[PDB]
Peer 1: 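Structure below; questions to follow.
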Amino acid sequence: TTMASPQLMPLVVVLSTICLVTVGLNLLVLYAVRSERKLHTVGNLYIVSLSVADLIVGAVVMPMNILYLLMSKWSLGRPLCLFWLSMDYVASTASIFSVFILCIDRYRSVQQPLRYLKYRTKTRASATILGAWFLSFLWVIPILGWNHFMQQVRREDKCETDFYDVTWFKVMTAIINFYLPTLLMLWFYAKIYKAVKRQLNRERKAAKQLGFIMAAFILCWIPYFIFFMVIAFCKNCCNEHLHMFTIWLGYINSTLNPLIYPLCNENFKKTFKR
Ligand SMILES: COc1ccc(CCN2CCC(Nc3nc4ccccc4n3Cc3ccc(F)cc3)CC2)cc1
């Protein structure tokens, strides 16, 4: 019945725990924000956007990915697989765009906290978050319309994105979506950290929070992306174990961010203590 060998259970039994902990922590963060007035700041809007993206990548893709791992097939509804892809790619890129927006906001604030003050109303933070989410949801077009744009799954042993066999698009979208946000974020973070070390202490807790979030990303997703852009050329080169572990390393990052917040802010630990 497309089962898995009894030696593949002792890891799914903990993947389910990771799935439940991701949605038990992100939901806790979200309820913390909507239960206390002190947490309706500007950067907490970006934190909420990140927590929502992690809730989606912990509640929609985690159980579907676990079921796909346990049952090595996806003859389980073509539109359902399309929805899983459209809620995996969009969530994973929305997390990295929300982090990018937060990093730009903090870099503008640390630029000079006398010139970026009239562009920090919460309405504009919400507008930027909605714009980032729109750019993320733009990922629906290629997945659902590659058979319409390029005159080209038809593979029922496993459902996959329609451009998996398109090396040029894969490498180009990987380069853009990861590297350019990653490079820009690293540049902004270095520019922040220089000034923060320069002046002086809430700055050396907020800078550490942003640095830990960025470290989480650039250190838990890059094992996936280096493999993704080395596999785009090597075709006799298909180690499934490393790929399957790197994807779940990124998912562990999604789980870790809700643990990152308590250990970098006192307000979050004060509202998590009860
Ligand atoms: C059981 O076997 C399987 C086999 C396959 C799968 C799919 C796993 N899925 C996991 C998440 C992956 N996201 C992803 N790849 C990308 C390639 C180019 C551009 C963006 C890409 N993005 C989104 C992203 C964006 C920024 C970022 F910082 C991180 C990611 C896509 C793959 C699941 C189970």
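Position 1 is the first residue of the sequence; numbering continues from there. Both counts, for ligands and for their atoms, begin at 1 and track the order of listing. Basis for what follows: all heavy atoms, side chains included, without hydrogens, waters or symmetry-related copies.
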Peer 1: At ligand 1, which drug or drug candidate appears?
Peer 2: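 The drug is astemizole.
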Peer 1: Help me out: which chain holds the greatest share of contacts with astemizole (ligand 1), per UniProt?
Peer 2: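 Per UniProt, the chief partner is Histamine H1 receptor.
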Peer 1: Give the UniProt-annotated histamine-binding residues in chain A that lie under 4.0 Å from astemizole (ligand 1) by heavy-atom distance.
Peer 2: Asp88, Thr93, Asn177, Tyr224
Peer 1: Which of the UniProt transmembrane segments in chain A, numbered from the N terminus, have non-hydrogen atoms under 4.0 Å from astemizole (ligand 1)?
Peer 2: 2, 3, 4, 5, 6, 7
Peer 1: Binding site of astemizole (ligand 1): which residues fall under 4.0 Å, heavy atoms only?
Peer 2: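 Residues with a heavy atom in range: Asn65, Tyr68, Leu69, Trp84, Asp88, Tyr89, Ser92, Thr93, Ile96, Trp139, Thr173, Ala174, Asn177, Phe178, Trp221, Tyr224, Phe225, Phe228, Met244, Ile247, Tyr251.
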